[PDB]
Asker: 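Here is a complex structure; among its components: sulbactam (bound form).
Lettering of chains proceeds alphabetically from A, tracking the sequence lines in order. Following the PDB entry, chain A shows residues 29-293, kept in their order. Since chain B takes its numbers from the PDB entry, the residues it shows come out as 29-293. Here chain C follows the PDB entry, giving residues 29-293 in order. Per the PDB entry, chain D residues shown: 29-293, in order. Atoms within each ligand, like the ligands themselves, are counted from 1 in listed order.
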Number of protein chains: 4
Amino acid sequence: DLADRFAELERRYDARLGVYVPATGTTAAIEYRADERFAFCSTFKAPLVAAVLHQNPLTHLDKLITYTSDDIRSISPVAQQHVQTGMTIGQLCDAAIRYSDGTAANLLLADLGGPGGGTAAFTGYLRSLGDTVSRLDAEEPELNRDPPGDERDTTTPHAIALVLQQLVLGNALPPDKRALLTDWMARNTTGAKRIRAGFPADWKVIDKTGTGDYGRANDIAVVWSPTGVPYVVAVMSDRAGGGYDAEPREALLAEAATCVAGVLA
Amino acid sequence: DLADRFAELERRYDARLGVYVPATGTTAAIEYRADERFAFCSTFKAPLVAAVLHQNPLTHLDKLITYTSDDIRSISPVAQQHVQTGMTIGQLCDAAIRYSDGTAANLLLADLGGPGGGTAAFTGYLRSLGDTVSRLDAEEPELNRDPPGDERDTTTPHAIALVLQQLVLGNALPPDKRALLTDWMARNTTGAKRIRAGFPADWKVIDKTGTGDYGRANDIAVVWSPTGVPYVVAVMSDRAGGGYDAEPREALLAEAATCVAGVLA
Amino acid sequence: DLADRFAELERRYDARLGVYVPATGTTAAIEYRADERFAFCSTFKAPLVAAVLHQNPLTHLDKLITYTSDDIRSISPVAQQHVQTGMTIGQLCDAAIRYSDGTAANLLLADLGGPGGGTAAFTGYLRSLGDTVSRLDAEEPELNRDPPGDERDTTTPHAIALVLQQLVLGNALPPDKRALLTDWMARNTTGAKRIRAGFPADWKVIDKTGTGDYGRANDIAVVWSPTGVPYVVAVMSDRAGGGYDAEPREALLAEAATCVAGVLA
Amino acid sequence: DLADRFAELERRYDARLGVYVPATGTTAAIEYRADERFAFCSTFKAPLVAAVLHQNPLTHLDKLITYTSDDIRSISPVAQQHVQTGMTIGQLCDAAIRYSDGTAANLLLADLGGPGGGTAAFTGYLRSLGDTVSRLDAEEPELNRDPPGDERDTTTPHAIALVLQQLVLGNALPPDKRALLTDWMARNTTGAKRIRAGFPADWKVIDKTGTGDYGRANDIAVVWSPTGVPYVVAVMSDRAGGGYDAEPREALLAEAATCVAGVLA
Ligand SMILES: *C(=O)/C=C/N[C@@H](C(=O)O)C(C)(C)S(=O)O
Ligand SMILES: *C(=O)/C=C/N[C@@H](C(=O)O)C(C)(C)S(=O)O
Ligand SMILES: *C(=O)/C=C/N[C@@H](C(=O)O)C(C)(C)S(=O)O
Ligand SMILES: *C(=O)/C=C/N[C@@H](C(=O)O)C(C)(C)S(=O)O
């Protein structure tokens, strides 16, 4: 019957919608189009940081990286301002998470090295976490104007949940680094209207958003109940029907979170 | 399956639980022990104010009412301070709602007049709103130490919902007065951890709480969705199992509200 | 010329206003009626907690304290709810700071012992910190209806600043305890509209408010610049002119903080 | 007093600093190097939009403009992506304000027509608003890399304030258009750490930034007090001392705004 409540939101908001919450000690998993493909958008920036955290020691975040005016092809609210000054890996990661800065993302991919501009290195990282399905070829901005049906630059709710789970809750990173990533996500600016707004205030929520064309809108998060019980929530949507220029509806993502909060409480 | 989620909370929290939300233009009502009797506790102070608003002109709120130090039997954080000075009907109502002042309650019942200390007059008022089941017999504090099963000083979730609906949303009161009551409930101090904490912040919530012995804990509220859709939510509980001195669990009330928010979103 | 800006606010808001910030390594202090007496209101609850932290070991916070329904004479949003269950010293302190609970305050004074209900014990504590001027005689609620000119239950901005400085920044408490107090103040609920609202968001602010009759309104705080430079800010006001029933203006407190932020930046 | 506080910031940050706030119904203006020349940087994009709003009817914003890959000389986060699709005047203006897109800027100058690439047409527009000092000669990127002392592509705080005032507050534009421009500025992405960060959150702020070599960093804004009183704030800086390669300090701009907020409150 929760299936039917998601299908309702789908109809109201004129969108296809994908939801995954893994199982726990107590609870059974929650599936809805969980094994269908969706566009990543900016959601892959979460693991990306983790990949950079994984590859290098912890003092590596101090390395300053320089770049040019014509390195800014994507929207980049932080990179734009620090062309003269440059930016350290540390600041790059902060921005990529907290502000969804597109340029930084690309710089960090380059920090991974390897062909594809570091997209292979990163693809490789996901496999280390047992992620077969997710696939990534292009960078920002080009990847977020790929057409519907195209399986390049895509993932499933099921998949990305299990990644985020291993990173945050699992032992995929040392505690010190893990800490950093949570801290960053805990302070995301771009996610107020989506998963955060669907949960009660007494729940703790850390999230990473994704947006694009064809009404594409995603949010992946870890939440803690008022008694500190952790849960992973992958929410993904699109509106490929209204074409390229369709607007995403955060309201959709907020409403679903509320249904989910209901079963989890 | 929502039936099964309430029965779960019941088992977790070792409590009996009553829930009612009336039907709307779209949605069907939500019932769970909705037609079972529970203790009012301090929840009856909401209609009580309405009864005093209903019976008298609007300038009647300026009438000063004096009382003694030994008129303070219940918890009365506001009555305590204004013993020498007295208090106007207006300020009495504010206190009764916003602070759940027990003395004021009794003063207002006396303002209704009639035997029972004004409990019959008040019982009479509810019938004017088509409320058959509800009964009120004693005053504060004595009423909050009635034993389980005793039908004096009781109501059903179903009933009190339909009252609150008529008062707040319906035309049971002139707009000016209606306004006052909503304003007061909007500014309740005593309700943070119950219904308010079960809904997302982007919902508007006005509530009136109740507490007592045998783990008795109630909260009735009107909520607005993020798009201004109103709903009435009656939640009532008790824990007569652990006897007189069983502690109430607000956690229970907050958790249920969350399940409810889930179906309403 | 900052003198003239405070006198302006005074005239606009029809209020007397007291401001103190101590001197630092760099900066000179800020004075305006800093050595004039004002009512404490709920501001004394900050040191009060410190006095209880000072007097007893750290394990003492687990001692559960019981009380009756008629022990709630003041407004007490948390004491209200935990009459059946009781409350530990630890929880009492949290409430007294975070919610300005009036009852708890009085219970804690009783924990200090001595005549005056523990007001002498507490008065004694301030002298240990070299505070000459500050005086405390009555408890809640009686102290909040002292008339203007009455020097009982009063302090100066200068004084209370130097206390708060020693507690938070100075070595007046062991680090562990100090930590607790800061944590509590960092999470004050009652202070959003006063000092907090006069500083830019990139400043860190921890505060403790006070309100009462005769438009009495205070806020004492520690702030950190965006680069972690600490400062102590005492702000106090009243409007004894419009009599007992004069309303306090938080706007006044927020405006002054802004003038202060200006010199500190 | 305040003169000396600006000279301090100057010394701290190793920079020359220009500040202007016009006079109001109440307050006297604020001058500090207000009549000295500074580089525009990207600040001129504000009036530029206004000039295009002024010259043409309101439906002109729908005219699509196409361009080539080799038309993208400057930083252009939006122009980069819409080479295939093209962009309407409407979208061009949004970008120029909200994202400080450098290409769009140049396209719009071309929309004005005339020699200099439309820089004379634009220079001409400012004179219509009674602005004598301001001049513009080159386009992006070339204009941001021309040396200190060179009076081409420059303005004074005094001047640009009086322009922004007339546009936003004054009757320089019809309400409908005026509305558009404010809306755009209200939604600037590039300005978080400058003027916006120096004011308290309860102030409303709309801004337009500028950055360049020789530590050049500007922000012009309209602010509303918490009670809706409007003010215009021009802040400009540079660090020609450390030569071409000197890094700009937004911190400087944020600090000054704080001093200004202080006098305005
Ligand atoms: C991540 O969610 C995407 C970042 N930004 C894009 C979006 O649609 O939100 C763009 C297209 C603005 S970016 O220039 O690629
Ligand atoms: C409203 O919920 C009831 C308040 N009653 C109190 C009273 O003093 O009458 C108590 C203490 C009996 S109950 O614990 O709320
Ligand atoms: C802090 O001590 C202020 C207390 N005074 C008032 C308040 O704001 O709580 C009263 C007078 C309402 S107190 O609770 O009696
Ligand atoms: C406007 O001030 C922005 C101009 N863009 C850049 C350019 O390449 O011209 C800079 C370097 C001046 S700015 O640092 O973003």
Asker: Of all chains in the model, which has more heavy-atom pairs under 4.5 Å to sulbactam (bound form, ligand 3) than the rest, named as the PDB entry has it?
Answerer: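 It has the most contacts with Beta-lactamase.
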Asker: What other chains contribute a heavy atom less than 4.0 Å from an atom of sulbactam (bound form, ligand 3)?
Answerer: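 Chains with a heavy atom that near sulbactam (bound form, ligand 3): B, C.
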Asker: What residue and atom, if any, carries a covalent bond to sulbactam (bound form, ligand 3) in this entry?
Answerer: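 The model shows a covalent bond at C:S70 OG.
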Asker: Just wondering, where does the PDB say chain C originated?
Answerer: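 In the entry, the organism is Mycobacterium tuberculosis.
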Asker: State which residues lie within 4.0 Å of sulbactam (bound form, ligand 3), judged on heavy atoms.
Answerer: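 The site of sulbactam (bound form, ligand 3), heavy atoms only, is B:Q109, C:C69, C:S70, C:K73, C:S102, C:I103, C:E168, C:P169, C:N172, C:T239.
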